[PDB]
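Here is a PDB entry that includes estradiol.
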Amino acid sequence: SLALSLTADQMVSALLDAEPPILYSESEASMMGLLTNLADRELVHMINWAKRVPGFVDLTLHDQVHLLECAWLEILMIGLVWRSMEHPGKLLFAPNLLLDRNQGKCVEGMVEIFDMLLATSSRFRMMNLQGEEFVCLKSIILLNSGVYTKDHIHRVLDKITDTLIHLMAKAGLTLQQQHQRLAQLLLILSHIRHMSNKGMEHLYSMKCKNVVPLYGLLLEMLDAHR
Amino acid sequence: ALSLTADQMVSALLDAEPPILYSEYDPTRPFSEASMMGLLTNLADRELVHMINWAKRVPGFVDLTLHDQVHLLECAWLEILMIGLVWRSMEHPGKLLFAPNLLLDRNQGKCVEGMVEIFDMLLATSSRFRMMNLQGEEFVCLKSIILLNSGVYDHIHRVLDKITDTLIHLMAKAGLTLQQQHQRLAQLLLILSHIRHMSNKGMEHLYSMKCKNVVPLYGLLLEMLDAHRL
Amino acid sequence: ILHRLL
Amino acid sequence: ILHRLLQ
Ligand SMILES: C[C@]12CC[C@@H]3c4ccc(O)cc4CC[C@H]3[C@@H]1CC[C@@H]2O
Ligand SMILES: C[C@]12CC[C@@H]3c4ccc(O)cc4CC[C@H]3[C@@H]1CC[C@@H]2O
């Protein structure tokens, strides 16, 4: 299982190379139609990316499915927060769809979710989050979020922890600073988990109220949270 | 708080721990959905009063405005109850020790609509704590991290940095290698993502029990649930 | 109530 | 669908 035999540099390289492309987009109903049309196209690329996360294709088909059903909206949100880091006060859903906070209000219940995403963006900006850190965090979300619902997965997670620490050591942080930064980063995943659960309720609500029709892949990933 | 050493930090946290409370379990009648939810909410409501006193004793917490204290406890209360429940349950495989007179297995969870899935997640977390050999000194650090972190999105961040230093010192003093220290720190903090998840699912559950008039919610518990604006 | 108890 | 795209 050469996943477990990767150096820190080789793990970073593999994650950088696995990264999905940035896709483009195009009332309450048109805005939701844009965002879910975007999500649904991104999900297809997320499946490819997952298969390139070292260690993921070592898992059974069932476990792969489970990890992606659990994690998909976290992974979309952490991508969105990353893209938006350099646009204080805005969410870069796509290069041609850059929404300010007040456009949140065009959709019922959406502004509170935009506020949480913008606050996470702001936190990443204040920590000066690096791209190499970001691809580790995203892989940790895939492997961690459904793992408790296994040894191979914990050993892969440990290697990604070693990789994060390697990046911080290389950047010249003291040991005390590396441990502190690793904690700050991992504690953000708790906030991402919270936003995903809120966003899943919201999506389900927009579906029920026929604000937006949901089709295919997106609908099945929503339905998995039942 | 910022000038405490790691050893003073751990003492203050262990010193601050709330008591284990008893439920009002009455073994003379069968459980119904309503009576089991009654027991659990009654217990929670009594624990919340002790949680408030415990938070005031968490170094750094009383330095915040009353508004910020209220927000943090509103955000974190159910995560804190759950982590306490998972900790109490560690040495009872397959059961949840809600109270010493209320030790429930997953089949008793089935008594309340939708609770069994949440019992399963709690049992899984309790098995992870056991597999990791989570120590009391680590549990109190994790519990303080939940209180300071869950609603934080600069003084808070400094106290959180101090708790990280404290966890690392604990691991070092226990003889873990430098690499084992960071690996463990990560495994501990990644469990907080799962506790957050269970808290969100538990809050939706409690809200549905309320909206279906299964159990009356009053006072502090009612207000802490309503704070989540579901 | 929470504000009062704090 | 997810099953199929994963294979
Ligand atoms: C799921 C939602 C629509 C799709 C949104 C999206 C769409 C594209 C993407 O790259 C990220 C996100 C994160 C926020 C998601 C939203 C949160 C609530 C809303 O219903
Ligand atoms: C909130 C619930 C009732 C109160 C329960 C409780 C009550 C006391 C306690 O110390 C821990 C917990 C965790 C699970 C909580 C439950 C999760 C769903 C249910 O509605």
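Each chain gets a letter, A, B and so on, in the order its sequence line appears, and its residues count up from 1. In listed order, ligands and their atoms are each counted from 1. Structure method, as recorded: X-ray crystallography, 1.9 Å.
- Ranked by contacts, the top partner of estradiol (ligand 2) (the one with most) is named in UniProt as Estrogen receptor.
- Counting only non-hydrogen atoms, chains lying under 4.0 Å from estradiol (ligand 2): B.
- The binding-site residues for estradiol (ligand 2) (non-hydrogen atoms, 4.0 Å) are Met37(B), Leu40(B), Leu43(B), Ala44(B), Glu47(B), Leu81(B), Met82(B), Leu85(B), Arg88(B), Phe98(B), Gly202(B), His205(B), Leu206(B).
- Protein heavy atoms are found less than 4.0 angstrom from atom 9 (C) of estradiol (ligand 2).
- Among UniProt domains of chain B, the one with most residues near estradiol (ligand 2) is NR LBD.
- In chain B, UniProt 17beta-estradiol-binding residues less than 4.0 Å from estradiol (ligand 2) by heavy-atom distance: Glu47(B), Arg88(B), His205(B).
- The deposit names the source of chain B as Homo sapiens.
- Ranking the protein heavy atoms by distance from atom 19 (C) of estradiol (ligand 2) puts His205(B) ND1, 3.4 Å first.
- Protein heavy atom at the shortest distance from atom 2 (C) of estradiol (ligand 2) is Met37(B) CE, 4.7 Å.
- What sits closest to atom 13 (C) of estradiol (ligand 2) on the protein, heavy atoms only, is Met82(B) CG, 3.7 Å.
- Of the protein's heavy atoms, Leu78(B) CD1, 4.1 Å lies nearest to atom 15 (C) of estradiol (ligand 2).
- For a threshold of 3.5 Å applied to N or O pairs, the pair formed by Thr41(B) and estradiol (ligand 2) contains no separation below that value.
- Protein heavy atom in closest approach to atom 5 (C) of estradiol (ligand 2): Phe98(B) CE2, 4.2 Å.
- Short contacts between estradiol (ligand 2) and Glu47(B), defined as distances under 4.0 Å to a heavy atom of the residue, involve ligand atoms 8 (C), 9 (C), 10 (O).
- Closest protein heavy atom to atom 7 (C) of estradiol (ligand 2): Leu40(B) O, 3.6 Å.
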